[PDB]
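peptidyl-prolyl CIS-trans isomerase in complex with ciclosporin.
We name chains A, B, ... by the order of the sequence lines, and we start the count at 1 in each one. Non-standard residues appear as parent or X here, and we don't count contacts from their extra atoms. Values reported hereafter were calculated over all heavy atoms of this structure, with side chains retained and with hydrogens, waters and symmetry mates removed.
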Amino acid sequence: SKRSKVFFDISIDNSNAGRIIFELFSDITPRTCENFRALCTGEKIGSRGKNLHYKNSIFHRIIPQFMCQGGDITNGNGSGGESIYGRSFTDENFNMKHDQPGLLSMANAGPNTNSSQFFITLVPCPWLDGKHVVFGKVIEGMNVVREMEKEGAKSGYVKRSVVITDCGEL
Amino acid sequence: XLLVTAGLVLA
């Protein structure tokens with residue numbers, strides 16, 4: 001259809017937690033969604049010679065009652081990341097807001113610095129509206145997201161391994 | 001505080 005459908009199979013503490021299925025707002029933020037979709041299928045090659053892929057990447061920062069962050073496919077700690085458009089790409093638009101849990105939004109390091117890192121909201125995050133591009137939402141597997149929330153801490157550090165064991169487009 | 005950044009995470 002108009003909007004792409006992608007998924008993450010999540011492993012927590014080396015144990016399958018289930019699948020998260022996302023609906024990408026391809027009709028509102030095409031460039032942003034295409035980047036995420038391509039990173040789920042691993043169809044593009046990065047600047048390091050490896051194909052950009054969320055498979056086996058981890059959720060390095062989870063803060064209960066805030067959000068789950070991942071996508072650092074280069075360093076796995078937040079300092080890295082890479083998009084199919086290069087180290088970073090411009091903010092498409094901020095039409096969609098973080099008005100509810102289960103939203104897929106781009107993490108960044110200030111204006112126009114989107115790469116591969118993203119976060120899934122656990123509550124409404126109004127203070128991020130206009131600063132982070134919301135490009136999708138969870139349509140199935142919110143229980144898995146809640147399972148991940150359980151692994152976070154106020155510091156954000158994730159004591160037990162939260163990994164994406166598989167991913168792709170549906 | 002509560003932000004989602006890539007590299008210098010602040011309060």
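Lab note - all copies counted, ciclosporin located at chain B. In this entry, the organism cited as the source of chain A is Plasmodium falciparum. The 4.5 Å heavy-atom shell around ciclosporin contains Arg61(A), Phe66(A), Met67(A), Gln69(A), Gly78(A), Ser79(A), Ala107(A), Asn108(A), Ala109(A), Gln117(A), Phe119(A), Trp127(A), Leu128(A), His132(A).
The residues of ciclosporin that pack against chain A, judged by heavy atoms within 4.5 Å, are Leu2(B), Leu3(B), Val4(B), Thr5(B), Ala6(B), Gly7(B), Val9(B).
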To see if you've got the definition right, give the donor-acceptor pairs under 3.5 angstrom between chain B (ciclosporin) and chain A.
from, atom 1, to, atom 2, distance (Å)
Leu2(B), O, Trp127(A), NE1, 2.9
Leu3(B), O, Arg61(A), NH1, 2.9
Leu3(B), O, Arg61(A), NH2, 2.8
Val4(B), O, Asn108(A), N, 3.4
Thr5(B), O, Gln69(A), NE2, 3.0
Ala6(B), N, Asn108(A), O, 3.0
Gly7(B), N, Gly78(A), O, 3.0

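This PDB entry labels chain B with the name cyclosporin A.
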